[PDB]
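One structure is given here, and the rest of the page talks about it.
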Amino acid sequence: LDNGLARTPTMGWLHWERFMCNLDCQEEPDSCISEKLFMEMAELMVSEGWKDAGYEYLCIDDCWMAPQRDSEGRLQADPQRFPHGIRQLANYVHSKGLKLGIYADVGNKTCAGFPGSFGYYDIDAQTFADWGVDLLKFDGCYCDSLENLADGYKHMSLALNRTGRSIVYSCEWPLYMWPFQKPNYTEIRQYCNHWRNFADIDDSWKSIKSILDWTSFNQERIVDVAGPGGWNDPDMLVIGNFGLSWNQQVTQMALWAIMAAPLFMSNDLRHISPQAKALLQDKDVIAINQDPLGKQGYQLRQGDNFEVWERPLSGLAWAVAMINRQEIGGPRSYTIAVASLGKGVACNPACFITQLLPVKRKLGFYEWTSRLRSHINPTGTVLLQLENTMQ
Amino acid sequence: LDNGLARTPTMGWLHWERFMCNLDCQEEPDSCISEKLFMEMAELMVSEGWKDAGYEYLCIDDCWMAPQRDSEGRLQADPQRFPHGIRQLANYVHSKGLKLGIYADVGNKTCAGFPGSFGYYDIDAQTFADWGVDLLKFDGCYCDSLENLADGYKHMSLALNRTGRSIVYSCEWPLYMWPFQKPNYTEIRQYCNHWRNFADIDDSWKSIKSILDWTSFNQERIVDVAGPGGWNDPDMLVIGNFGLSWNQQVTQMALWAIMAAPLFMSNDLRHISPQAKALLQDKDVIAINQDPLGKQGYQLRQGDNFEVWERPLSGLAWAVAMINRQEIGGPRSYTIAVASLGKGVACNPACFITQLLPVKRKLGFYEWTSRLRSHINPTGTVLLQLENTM
Ligand SMILES: *[C@@H]1O[C@H](CO)[C@@H](O[C@@H]2O[C@H](CO)[C@@H](O[C@@H]3O[C@H](CO)[C@@H](O)[C@H](O[C@H]4O[C@H](CO)[C@@H](O)[C@H](O)[C@@H]4O)[C@@H]3O)[C@H](O)[C@H]2NC(C)=O)[C@H](O)[C@H]1NC(C)=O
Ligand SMILES: *[C@@H]1O[C@H](CO)[C@@H](O[C@@H]2O[C@H](CO)[C@@H](O)[C@H](O)[C@H]2NC(C)=O)[C@H](O)[C@H]1NC(C)=O
Ligand SMILES: *[C@@H]1O[C@H](CO)[C@@H](O[C@@H]2O[C@H](CO)[C@@H](O)[C@H](O)[C@H]2NC(C)=O)[C@H](O)[C@H]1NC(C)=O
Ligand SMILES: *[C@@H]1O[C@H](CO)[C@@H](O[C@@H]2O[C@H](CO)[C@@H](O)[C@H](O)[C@H]2NC(C)=O)[C@H](O)[C@H]1NC(C)=O
Ligand SMILES: OC[C@H]1NC[C@H](O)[C@@H](O)[C@@H]1O
Ligand SMILES: OC[C@H]1NC[C@H](O)[C@@H](O)[C@@H]1O
């Protein structure tokens, strides 16, 4: 989407995977979708260095609506859980130096069942723009035919542009189109800052595996569409929660940066391990995700329950991610000739390889002729940066 | 097995899951099955407080044999990876105040392919007893028919008793027998200090779930056989390794204590988080696994992606483990009336409930009439101890 926005992949936070559709403020106040929730997440992002890291978009997800619309025809917040309305939440958010994201649906209902945007595309867009929204997640539940999905998705893009406001439009167009026919990513790219590709994400090394595996499966179709202003969305960062071990949390971080995925944390910020914070806030690794060049990574090689990913970065740099898919035994050794790395460019005549994950460590120089040895942890990932030189 | 042994479930450590059958000492010396491996694990168990915790059995698994037997007769260690022989390893291990375990097979070959024990039952047994072995894992690969499995398993048990030596006999009888016919656990109990029931274990929350899920599935059949001298083995403690998150590692610890499973750590002791060390060495939680009464726990209730387990302990005590199987969102609330707990005994007229896991915390008194409230972590377990008034 030629809108000036998402020049690198959007970073921020999103309630869904951690807070889902909890609307019982009575017994579970500390996790119902209330303004205070975002009031508090926002408040933190600032004080805990999430902004300096580069997370900027506090994003509301599904389950913020009232039962129905006011009498014009406009979406409202919940009067109970959002007494102050979005108008003020926006104001507050902004004062913190952040941007606010919101949710709505292409259909007749959200995936939860609160009013859809259909028929109301023109009016929702403006309604949002009046509030001070800086992002939209546009979901695609409750849709008759592909024709409505397509026209609906497109029609919203136009209505947002018209408002006059810089609003990151994030779409789920392909995910929903998928089961019926291949999506025209070329065309999608035209209307959406970024698009959701596969199933929802869990707190499971299983779910992760299946995303990478499905992603890598049809990379031929998606890696190339990806660049400045339009990204492949493999869904939220779940690091900080419960489901993944350390090496699985690295694997997540590494491959999201490799894949040039947007980085949307979905977690209680108020209870997070030094572990994960420091991982989530890794300067070097955010860089790689955030590389100005904007070429998506891919799966170079595979087999022997090992996986090789790599991403080209600007300045003759390249990222190498090596995964170990054997769940059993110990650290396994895996080695390749740097001759096979970066299509053969980085490391001609030589490259400087420093390791970023699981721990930050310079490794020597590396002639064209040489091989890189390595011990990767079961279900973990080793993340290298290869630099050019000349020495 | 009426042998004076495993009066509470055996604790120690086992190479397999973490080190497997790595025999390449050239390129991976830090993890090949070498005496120095056991020399090192032993040395640590001592210094790191693993012994004081109650881990006592340093256990060699598969892949310690030579190509073939001496002439006699007898099984040998690898000349290269075990130059000093088991004789000496035993001696050393003992001097640390620990007990050595070894491995062999019912069949013609181990699961790897090194000589089986068949035909050699009488001689293997003695061989081991000469070496000073204190445990045997008897595996059941490479077996024609169930008859040989049965007779082979049994025959060994007698040969061991006869040696004259206290040797904890750990069998894999049921697991192999399964896929053909239900096992007679009554019978097995008679010959084995503990028995492996299900598939191997991985470094996966998957694998865990499936073990509990399979165990609770047929608890009818197995929970009652269990008690002093004969345990159900749900396979190794894998905490400390790579594959499980914290709340998954607690879930494992809690439910191993609930189940009255033996505690066999399989990990590199030389590189382990404070996290895991403290969890593996939890006094209170070992106690519950170690309760002298020795009744196995079971699944009280299930549904709503929540699971309630409970074990009765001596002295009107009971353990309650509540697991949360929803892998999404956050801490879920789950509650029941203490009236339902421990068949209705603990908490009549009242109980003291202190939480052990995830963090050790007293909770007040709990009248008969009261319900216990609780926020359990996704894939975690909350593990309580109920003391009845009284
Ligand atoms: C909605 O309507 C249109 C529909 O596409 C959209 O117009 C486009 O807006 C962008 C806004 O930047 C324009 O892109 C610019 O093109 C000119 C060159 O002619 C440059 O000034 C801009 O350069 C910036 O970005 C560069 C690209 O990487 C950077 O290198 C550089 O540093 C600059 O900062 C940018 O390329 C584009 O020309 C128009 N297209 C049209 C229709 O003419 C509009 O912005 C949208 N409006 C809203 C409110 O959503
Ligand atoms: C180990 O393998 C040998 C086969 O070489 C078994 O001995 C034979 O087993 C078959 C039964 O399937 C008998 O019919 C033969 O008479 C035996 N052959 C000989 C030459 O003695 C042996 O019992 C096997 N044992 C186990 C437990 O698998
Ligand atoms: C071999 O078998 C006998 C009988 O099962 C074991 O005897 C029991 O051993 C414990 C410890 O000696 C006693 O507490 C029980 O009272 C014994 N019961 C019987 C039947 O006498 C014996 O210990 C075993 N011996 C060895 C060394 O393996
Ligand atoms: C499983 O085997 C057990 C143990 O042998 C069987 O119980 C024995 O049965 C014999 C008669 O066949 C009795 O005389 C013994 O007293 C029993 N042993 C003991 C001490 O219990 C048992 O019947 C078998 N189980 C089933 C249900 O098939
Ligand atoms: O609630 C439905 C759900 N579909 C998929 C998205 O991840 C989520 O935010 C959206 O709200
Ligand atoms: O190969 C030996 C190996 N076979 C499978 C068993 O279950 C495992 O624990 C044993 O050590």
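As listed: the chains are lettered in turn, A, B, ..., one for each sequence line. Just so it is clear, chain A uses the PDB entry numbers, and the residues here are 32-422, in order. Shown for chain B, in order and in the PDB entry numbering: 32-421. Per the header: X-ray crystallography, 2.7 Å. Whatever order the structure lists them in is the order used to number ligands and atoms, beginning at 1.
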Which pharmaceutical agent is found at ligand 5, per the PDB annotation? 1-deoxynojirimycin
Just trying to sort out this structure - which chain has the greatest number of contacts to 1-deoxynojirimycin (ligand 5), name per UniProt? Alpha-galactosidase A
What chains, other than any belonging to the drug, come within less than 4.0 Å of 1-deoxynojirimycin (ligand 5), counting only non-hydrogen atoms? A
Could you help me out with the residues around 1-deoxynojirimycin (ligand 5)? Anything with a heavy atom closer than 4.0 Å counts. A:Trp47, A:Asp92, A:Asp93, A:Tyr134, A:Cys142, A:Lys168, A:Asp170, A:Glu203, A:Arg227, A:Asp231, A:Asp266, A:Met267
Mind telling me the covalent anchor of 1-deoxynojirimycin (ligand 5), residue and atom, or none? none
Hey, quick one: which residues UniProt lists as binding substrate in chain A have a heavy atom under 4.0 Å from 1-deoxynojirimycin (ligand 5)? A:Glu203
